[PDB]
**Student:** 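Below you will find the structure I want to go over with you.
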Amino acid sequence: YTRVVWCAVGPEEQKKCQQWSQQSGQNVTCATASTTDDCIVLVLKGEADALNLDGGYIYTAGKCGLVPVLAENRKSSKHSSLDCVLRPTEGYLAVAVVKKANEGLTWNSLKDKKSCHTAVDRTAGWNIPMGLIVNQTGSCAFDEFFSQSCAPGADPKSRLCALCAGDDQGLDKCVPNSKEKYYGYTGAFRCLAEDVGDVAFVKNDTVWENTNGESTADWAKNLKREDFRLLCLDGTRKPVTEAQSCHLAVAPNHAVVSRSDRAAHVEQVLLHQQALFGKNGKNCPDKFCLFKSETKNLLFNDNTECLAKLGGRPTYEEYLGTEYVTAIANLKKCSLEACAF
Ligand SMILES: *[C@@H]1O[C@H](CO)[C@@H](O[C@@H]2O[C@H](CO)[C@@H](O)[C@H](O)[C@H]2NC(C)=O)[C@H](O)[C@H]1NC(C)=O
Ligand SMILES: *[C@@H]1O[C@H](CO)[C@@H](O[C@@H]2O[C@H](CO)[C@@H](O)[C@H](O)[C@H]2NC(C)=O)[C@H](O)[C@H]1NC(C)=O
Ligand SMILES: COc1ccc2cc(CCC(C)=O)ccc2c1
Ligand SMILES: *[C@@H]1O[C@H](CO)[C@@H](O)[C@H](O)[C@H]1NC(C)=O
Ligand SMILES: [Fe+3]
Ligand SMILES: [Zn+2]
Ligand SMILES: [Zn+2]
């Protein structure tokens, strides 16, 4: 009667979803698809109810009629009187990250370097950096800017996938799910950390959560923040402590989307689910933590404190903000009002 079908992207998210499903007594169940776009289609068909999406994906989903329902909310400094669920989200900082040792690499020298992206169509990983590059370059040939990239979701035979590594068996190169070694925030940062790419397009939080012992993962356990620099738009380089003065954009927080007709029910169930499995949840960590994935950001980002209610009932365009929507629209002209499916 009140069962929510979550859409998991790839087999690792599927595994976490199944654990959530078990622990929830089948109040949540799981559909799985290979890509985020496929999950959006499942939701559109009514074969799944909801999933949590990066802003670039919210754009795709929103064009197709899906609506934002609750947003990720991480640790915050203002909005102090307020409980996390009622606290207004503050967006995250999209950054360009390089190795300090890669001296003289700036925003202005990026042409014909190697790049690491979270995925095509994602905010910090793609829409922001490529939007800026297309703009300043005056060219839609964003596929010819970097010499090689890992941009999960691009054509696997193209240079945009050249740096992608696939899964442990070396299969699924460039798939836009966590099976691709260099997928997502953590994967794109790993792509930089291992010096596969010269630059990673990620968010401020990724740099911090994967350095100075914050991650015990083999590739990350030895990383020091001091070995990294942020690329500012004015051509300068800054320590990763300076993200507030050296970022590419403020991104709208990842958020849960659903069909408008299921939004009320999805919200209700999620608010109850996080009461059980969220940050201070009754049953986390003893049984299941909804916002933990061993840094793999499965289903939700690992730094999520809670899912927050959205003031005003925003449309997807209101949630993303007019400037970001128009930035995406402008970028999409390279590849105006219609669902892609
Ligand atoms: C960039 O991201 C990092 C990681 O999320 C932020 O550092 C955290 O900030 C909170 C307070 O907001 C601290 O209580 C945590 O201890 C910090 N985490 C770590 C691992 O150090 C940092 O504030 C962000 N910088 C900006 C400018 O937003
Ligand atoms: C890239 O350039 C386009 C075109 O100038 C930008 O789109 C403009 O954005 C401003 C500020 O939000 C709007 O007031 C204009 O109406 C937009 N112009 C057009 C022609 O659509 C876009 O924001 C830029 N992209 C990025 C990522 O900065
Ligand atoms: C943290 O993620 C969010 C959440 C809601 C947002 C709402 C807006 C509204 C600004 C407009 C034009 O609606 C902008 C950016 C937003 C970013
Ligand atoms: C499932 O949902 C109902 C409320 O609709 C509740 O009675 C039941 O205990 C819930 N259990 C879990 C584990 O979420
Ligand atoms: Fe994102
Ligand atoms: Zn700013
Ligand atoms: Zn409104």
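By the numbers in the PDB entry, the shown part of chain A spans 342-676, 681-686. Per the header: X-ray crystallography, 1.7 Å. Counting starts at 1 for both ligands and their atoms, in listed order.
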**Student:** Which named drug shows up at ligand 3?
**Tutor:** nabumetone
**Student:** I'm curious which chain is the main partner for nabumetone in this model - what does the PDB entry call it?
**Tutor:** Lactotransferrin
**Student:** Measure the distance from atom 12 (C) of nabumetone to every protein heavy atom, then report the residue, atom name and distance (to 0.1 Å) of the closest one.
**Tutor:** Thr663 N, 3.0 Å
**Student:** For nabumetone, which is the ligand I care about here, please tell me if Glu659 has any N or O atom under 3.5 Å from one of the ligand's N or O atoms.
**Tutor:** yes
**Student:** Should you measure from each heavy atom of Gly432, which atoms of nabumetone turn up under 4.0 Å away?
**Tutor:** 1 (C)
**Student:** Give the residue, atom name and distance (to 0.1 Å) of the protein heavy atom nearest atom 16 (C) of nabumetone.
**Tutor:** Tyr660 O, 3.1 Å
**Student:** Most residues of chain A in contact with nabumetone fall within which UniProt domain?
**Tutor:** Transferrin-like 2
**Student:** Would you check which organism the entry records for chain A?
**Tutor:** Bos taurus
**Student:** In the protein, which heavy atom is nearest to atom 14 (C) of nabumetone, and how far is it?
**Tutor:** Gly662 CA, 3.8 Å
**Student:** Any N or O on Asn594 sitting closer than 3.5 Å to an N or O of nabumetone?
**Tutor:** yes
**Student:** Which residues of the other chains approach nabumetone to under 4.0 Å (heavy-atom distance)?
**Tutor:** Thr430, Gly432, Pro593, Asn594, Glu659, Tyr660, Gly662, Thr663
